[PDB]
Colleague: 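Pasting a structure below so you can have a look.
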Amino acid sequence: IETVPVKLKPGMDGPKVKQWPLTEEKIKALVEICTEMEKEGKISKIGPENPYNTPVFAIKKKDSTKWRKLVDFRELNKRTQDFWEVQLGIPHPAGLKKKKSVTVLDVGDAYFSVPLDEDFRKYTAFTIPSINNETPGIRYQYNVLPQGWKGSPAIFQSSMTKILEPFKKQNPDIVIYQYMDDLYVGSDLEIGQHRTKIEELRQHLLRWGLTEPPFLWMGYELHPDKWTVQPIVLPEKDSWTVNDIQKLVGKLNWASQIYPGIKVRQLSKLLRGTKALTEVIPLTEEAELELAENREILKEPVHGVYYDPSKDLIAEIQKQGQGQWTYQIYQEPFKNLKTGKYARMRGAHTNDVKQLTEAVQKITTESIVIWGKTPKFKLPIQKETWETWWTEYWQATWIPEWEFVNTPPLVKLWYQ
Amino acid sequence: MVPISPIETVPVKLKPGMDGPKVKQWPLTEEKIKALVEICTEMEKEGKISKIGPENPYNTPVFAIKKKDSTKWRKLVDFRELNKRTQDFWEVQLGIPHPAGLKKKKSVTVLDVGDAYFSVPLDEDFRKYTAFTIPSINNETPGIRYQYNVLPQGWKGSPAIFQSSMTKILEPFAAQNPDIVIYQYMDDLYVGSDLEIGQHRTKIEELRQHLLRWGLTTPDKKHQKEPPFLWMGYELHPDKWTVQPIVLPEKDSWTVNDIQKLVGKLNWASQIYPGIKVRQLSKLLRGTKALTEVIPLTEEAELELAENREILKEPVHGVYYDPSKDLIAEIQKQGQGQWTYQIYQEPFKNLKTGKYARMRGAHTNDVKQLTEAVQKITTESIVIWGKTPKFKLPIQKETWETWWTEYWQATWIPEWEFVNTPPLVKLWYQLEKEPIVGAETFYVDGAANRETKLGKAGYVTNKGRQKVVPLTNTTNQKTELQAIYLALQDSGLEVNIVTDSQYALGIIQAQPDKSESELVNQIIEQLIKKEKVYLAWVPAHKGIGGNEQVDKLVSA
Ligand SMILES: C[N+]1(C)CCc2cc3c(cc2[C@H]1[C@@H]1OC(=O)c2c1ccc1c2OCO1)OCO3
Ligand SMILES: Cc1cc(/C=C/C#N)cc(C)c1Nc1ccnc(Nc2ccc(C#N)cc2)n1
């Protein structure tokens, strides 16, 4: 009811980010949504003395038929002060990634109950564009905590902690973690029991609300205890061709940057002659021993791997074909904190870009659960292709940072 | 008196840390002062400016300028300094409508709202920063001091504030009359509709009555302006549009400047004249910028220019957008990294045309450029029409499928159909996924000495075939490519090639069909002739044979 004073970081002005082009269906959706929000007092129209801007678009969340407004606050988020006044920060719960089931809730609607500092509102300006710029874009700013802004969970935190206390008190073993507009709720209960608890939890928010959210009802279920990782594995063969051995030596040379004691000397001697690539080459004793010794090394964890919360997480993705995608998350090269592989791209059979967009979202979710922040992506796609299309497939309420990889990595072969 | 609603002021600030302007008034002739005194007395009577006391410390210079072929003076206030100090505003005018996105109209009426502009009051707290001084005759009295009460012409905030104020005033009228469109440009309102003329005229009179609520009067005596309109370099007509006349000059010689202007006109023309080309002409402007330099036109530029003259020989027009119909975009390859397109709804009736040029870079291929053109057209179409057009592309469906499924990057183009109009985009080569049984295996290598620039490239094969060639003025990277080239040159229609060049793999895995490197082009030409090529990579210096042997032969 009283606003928390908020400021941008020293020597920084507000965001001035161009609105990207929106289709007719999305403009009509945003006009309908913003008219209602204005009526509810959540946003107000602004005049030309406000020069700031943040882009807006609209999405459909997974399994819903209603459009949701999504503001891309990435620039404002970078420019906004850090929030340590009341608390140093909520130690991320390491137990969350160990739970059998984690359900993700959209609790962003709760933020609209809190007014936003009057002096800060101008920096939340956004524009609903018109087709062909035929009419002036409709300009608004927020009067209340906006969805997608990093200050919202930070300011709302004391209110959230008070709302959830009886549930936490009644269910002390449940792990609850807030990230942006998301609430992550983990338990080790049988799913049926688990879902009822989730619904129990919803009732607290609803109850609190009425003292109506469009998306609280939904539930994204994760099972991080089942999340799967990718150690380095070598082929087991009875017959090795020159080509097979070349691939093996290549893979081992690469793996030797990750694991010190990997050796290729004896295997490499096999590739000494100048044999047809498809010719079968018997392994020497020395080579078999070296292969066996290498296999044993690869069963162990990588040395000197640690997470530093002061450093960026980096995520790389490779397209492997046939709907399959591999990825690695690291802070230091060759020191992977997580690796993985997807094949389950839902409804994206003839569309690579939709598959990649869905992979990015899944990886970001994993990242939030494990470390409580998003990685910077290296995407195997041309900028222009990504930037034309990703918003068509986006279903999350946050947006990570990304850069583009224009030269084919040789490494793709080694994660294949 | 009929009460009129006041216009709400937009609050205005100087930039943080900045104070208002304190600029010296220039001396003026006695004649100019008398002129300025008269004008300001008149402006003061009309309420635009007010005399101020000696307390105000700010000043902006004022000038009197002689209106050519007249004995009448005009006032000019030089707000350059105040403008540097004034906050940034939302500028609504940044994006102009593209004619191709407009809808046909039966009637478009123009209303002069020139009187309303000086009726927009200035934020009271900001007026002090607009102070100016009429010098006195002979400097024997204090100069006459004024400040503005309304948006001053030439001040940074006037266009945005004027436009936003008019929009807010017009909003209820537009909302409750969804059967007209209203567009503001400068001091005029344009009102279009499809109503029968009597009803359209009624709407105009109703708009005039609406505008009177804020005391903004318009001239009964109707505008001189009526369709067709000259606007932003276009001609707008009730049911078609075009660009203003494009006339390419005759010259015996061309300077840098002539050529920049030539390309500018062609670029402008290309939004409705199909097939315009500018590559060879633009190539002449490469790198050099003394505008007066005379550049001999290449034969290629002469050909391009002649082709453009033919394209431009008679008027071409676009039609307007019908939202009830699909949009269709068709693209053709023109050569030398150039692409051209048309967007239409009905056959032979373009809404607009345009072109796309290949991006700067080392290597490229036609499929990648076509893909880029599709994204460009898609984004342009979302801006202008709010939707993606259906594409008609000169690439077979099977070619696209093979391309995107095998390409190392994610890639996508939206709904499209093949159109069989040469030249077709095709894949010129496809590397094998597995080593080829029965094909000779060439182990290749090259190395160069970084000091002498001498090097060697060559191969050894499982058949005992071998070659080493000595090279001068070369580099490791070139010798690595030369070795692969030799293997392609000397092999049969099917070949396995084993290289340790990470550089060469990175190029070939990008699937170029053309390169800035002559050597890469020679390799591509060889690949095109083969039936099957498998390219295998191994790490250098690992005792890996064939490779190790050739390395020794080439590193000597
Ligand atoms: C910010 N407010 C106070 C509210 C809404 C609004 C929305 C705007 C705008 C100005 C304003 C101002 C204010 O509200 C008005 O209706 C208005 C405003 C300022 C100046 C005006 C106005 O109408 C005539 O001139 O420019 C274009 O979009
Ligand atoms: C952008 C614009 C410029 C001018 C005028 C600018 C100037 N000068 C006049 C109008 C009315 C508009 N606005 C819109 C909006 C939607 N359809 C149209 N169609 C349309 C406009 C003019 C003519 C004609 N003749 C025909 C159709 N115009």
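A, B, ... follow the sequence lines: proteins, then strands. Residue 1 opens every chain. These numbers come from the heavy atoms of this one structure, side chains and all, not from hydrogens, waters or symmetry mates. In listed order, ligands and their atoms are each counted from 1.
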Colleague: Which polymer chain sits in most contact with ligand 2, and what is its name in the PDB entry?
Modeller: Reverse transcriptase/ribonuclease H
Colleague: Quick check: what drug is at ligand 2?
Modeller: rilpivirine
Colleague: Are any other chains within heavy-atom reach of rilpivirine at under 4.0 Å, and if so which?
Modeller: A, B
Colleague: Atom 6 (C) of rilpivirine: which of B/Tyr185, B/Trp231, B/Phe229 has the nearest heavy atom?
Modeller: B/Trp231
Colleague: If we only consider heavy atoms of B/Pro238, is any one of them less than 4.0 Å away from an atom in rilpivirine?
Modeller: yes
Colleague: Using a 4.0 Å cut-off to any heavy atom of B/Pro227, which atoms of rilpivirine qualify?
Modeller: 25 (N)
Colleague: What is the name of chain A as given in the entry?
Modeller: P51 RT
Colleague: Applying a strict 4.0 Å limit to heavy atoms, is B/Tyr320 in contact with rilpivirine?
Modeller: yes
Colleague: Between A/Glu134 and rilpivirine, which part of the residue brings a heavy atom under 4.0 Å of the ligand: side chain, backbone, both or neither?
Modeller: side chain
Colleague: Can you tell me the protein heavy atom closest to atom 9 (C) of rilpivirine and the distance?
Modeller: B/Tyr190 CB, 3.5 Å
Colleague: Going by the order shown, which atoms of rilpivirine are within less than 4.0 Å of some heavy atom of B/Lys105?
Modeller: 17 (N), 19 (N), 20 (C), 27 (C)
Colleague: Please state which protein non-hydrogen atom is closest to atom 24 (C) of rilpivirine and give its distance, to 0.1 Å?
Modeller: B/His237 O, 3.1 Å
Colleague: Among protein heavy atoms, which sits nearest to atom 10 (C) of rilpivirine, and what does the distance come to when rounded to 0.1 Å?
Modeller: B/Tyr183 CB, 3.7 Å
Colleague: To which of B/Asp188, A/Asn132, B/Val108, B/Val110 does the heavy atom nearest atom 22 (C) of rilpivirine belong?
Modeller: B/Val108
Colleague: Look at atom 20 (C) of rilpivirine and say which protein heavy atom is nearest, naming residue and atom and giving the distance to 0.1 Å.
Modeller: B/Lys103 O, 3.4 Å
Colleague: Is the shortest N/O to N/O distance between B/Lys225 and rilpivirine below 3.5 Å?
Modeller: no
Colleague: How far is atom 21 (C) of rilpivirine from its nearest protein heavy atom, and which residue and atom name does that atom have?
Modeller: B/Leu102 CD1, 4.1 Å
